[PDB]
Chemist: 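Structure: Mitogen-activated protein kinase 1 in complex with GDC-0994.
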Amino acid sequence: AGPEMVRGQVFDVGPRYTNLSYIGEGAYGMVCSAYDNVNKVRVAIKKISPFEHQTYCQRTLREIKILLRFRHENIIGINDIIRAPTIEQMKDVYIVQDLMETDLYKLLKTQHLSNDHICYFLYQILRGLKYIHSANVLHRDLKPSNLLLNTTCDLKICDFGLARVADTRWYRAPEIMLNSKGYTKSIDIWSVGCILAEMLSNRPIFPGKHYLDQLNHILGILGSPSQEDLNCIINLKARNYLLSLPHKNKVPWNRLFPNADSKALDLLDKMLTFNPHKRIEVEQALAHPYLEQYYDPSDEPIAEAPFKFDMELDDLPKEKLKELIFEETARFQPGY
Ligand SMILES: Cn1nccc1Nc1nccc(-c2ccn([C@H](CO)c3ccc(Cl)c(F)c3)c(=O)c2)n1
């Protein structure tokens, strides 16, 4: 027969995985669904081709190590990994995962959510995030397309390529745009607030077309930052820009979302706080009155131990990273 092919991309995952169907693609990979002839279900398969770039190698290794370590209902797992039998021949890595029927990006393009579903999705996002943060990990790229949903409204967070151990513009915290890397766990909470806003209105709350436009969108709702807000390490260009702007008035949340649950808007206000030091943390968010019908501290697992990378990944040449990826994936090879 041959390896199957999808949109030009070779998908060399047979014979176990067949009947491929395109799901989507990114800068250095493609995601398809496939039929698994061992477990007799359809699965997701992400083809990644990262080896020409140190950055892409980092992401690939980080996602693999983190997802194989993590164990939580609201976090996607890895069931299988396919790659070449020799490192010389390995140009692609195929990561096999439970197939989810859709993502929140797609869902919000087509469906108006009930307040009860918004509440339940938010709960699951934060429940998963509680586990991530308890492992001392930052996800750093939370957004609707990284929130997977199955047929019965189960939610799983995916794509941990940008994850980092502590110590997409539209969903990026202010600190990110103010700092050349100077931020914390709170950046994830900002992203979740953006996602909550988007679930309330079916449109991105801060859809900036570029960096400056993103800052202007944020201040367009929060208003000009205070002195306290600007009492931090900030990029000089960004600080000067902000100081050059006209005054902007704060827009009350109930004016932007006139039909939203008042409790939902109270939580939204605490997540979309400019100053990350005054921004609500994940446990406090779970305990917020908006989530009272789902909050269950007896059933919200945390990680057994903090997550730790054994090597300074940023320092490693991409060739060493490829060797680590070969090693991490060896356990899925026959005869291991
Ligand atoms: C049917 N459908 N529609 C949307 C999602 C799904 N189902 C599904 N099921 C399991 C896993 C995944 C899935 C998707 C996207 N991603 C990231 C999203 O950022 C991703 C990284 C790299 C590249 Cl190249 C990519 F295209 C997507 C995952 O990691 C994992 N999706």
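Going by the PDB entry, the residues shown for chain A are 9-175, 190-358, listed in order. This deposition comes from X-ray crystallography, 1.8 Å. The basis for the numbers below is simple: all heavy atoms, side chains too, and nothing from hydrogens, waters or symmetry mates. In listed order, ligands and their atoms are each counted from 1.
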Chemist: Which parts of the structure correspond to GDC-0994, copies included?
Modeler: ligand 1
Chemist: Closest non-hydrogen protein atom to atom 18 (C) of GDC-0994, residue and atom name please, with distance?
Modeler: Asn154 OD1, 3.2 Å
Chemist: Nearest to atom 21 (C) of GDC-0994, what protein heavy atom do you find, and at what distance?
Modeler: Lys54 CD, 3.5 Å
Chemist: Look up the source organism of chain A in the entry.
Modeler: Homo sapiens
Chemist: Please identify which atoms of GDC-0994 are closer than 4.0 Å to at least one heavy atom of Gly32.
Modeler: 26 (F)
Chemist: Taking only heavy atoms of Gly37 into account, list the atoms of GDC-0994 that are under 4.0 Å away from them.
Modeler: 24 (Cl)
Chemist: Please classify the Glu109 to GDC-0994 contact at 4.0 Å (heavy-atom distances, strictly less than): side chain, backbone, both or neither.
Modeler: backbone
Chemist: Does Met38 approach GDC-0994 within less than 4.0 angstrom via side chain, backbone, both or neither, non-hydrogen atoms only?
Modeler: backbone
Chemist: What protein heavy atom sits nearest atom 4 (C) of GDC-0994, and how far away is it?
Modeler: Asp111 OD2, 3.5 Å
Chemist: In the protein, which heavy atom is nearest to atom 12 (C) of GDC-0994, and how far is it?
Modeler: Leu156 CD1, 3.6 Å
Chemist: Considering only non-hydrogen protein atoms, determine which one is nearest to atom 30 (C) of GDC-0994 and report residue, atom name and distance to 0.1 Å.
Modeler: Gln105 OE1, 3.6 Å
Chemist: Would you say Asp167 and GDC-0994 have an N/O pair spaced under 3.5 Å apart?
Modeler: yes
Chemist: Help me out: which residues of chain A, per UniProt ATP-binding annotation, have heavy atoms under 4.0 Å from GDC-0994?
Modeler: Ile31, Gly32, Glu33, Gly34, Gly37, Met38, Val39, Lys54
Chemist: So which bit of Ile31 gets within less than 4.0 Å of GDC-0994, heavy atoms only: side chain, backbone, both or neither?
Modeler: side chain
Chemist: Looking only at protein heavy atoms, identify the closest one to atom 27 (C) of GDC-0994 and say how far it is in Å.
Modeler: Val39 CG2, 3.5 Å
Chemist: Most contacts to GDC-0994 come from which UniProt domain of chain A?
Modeler: Protein kinase
Chemist: Just wondering - which UniProt-listed active-site residue of chain A is nearest to GDC-0994, and at what heavy-atom distance (1 Å precision)?
Modeler: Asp149, 6 Å
Chemist: Among protein heavy atoms, which lies nearest atom 3 (N) of GDC-0994, and at what distance?
Modeler: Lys114 NZ, 2.9 Å
Chemist: Would you mind running through GDC-0994 and noting each atom that sits below 4.0 Å from a heavy atom of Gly34?
Modeler: 24 (Cl), 26 (F)
Chemist: Report yes if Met108 has an N/O atom closer than 3.5 Å to an N/O atom of GDC-0994; otherwise report no.
Modeler: yes
Chemist: Distance to 0.1 Å, residue and atom name: give those for the protein heavy atom nearest to atom 16 (N) of GDC-0994.
Modeler: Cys166 SG, 3.9 Å
Chemist: What do you reckon, does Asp106 put a non-hydrogen atom under 4.0 Å from GDC-0994?
Modeler: yes
Chemist: Which residues form the binding site of GDC-0994 when counting heavy atoms under 4.0 Å?
Modeler: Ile31, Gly32, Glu33, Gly34, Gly37, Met38, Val39, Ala52, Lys54, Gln105, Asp106, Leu107, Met108, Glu109, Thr110, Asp111, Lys114, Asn154, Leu156, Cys166, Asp167
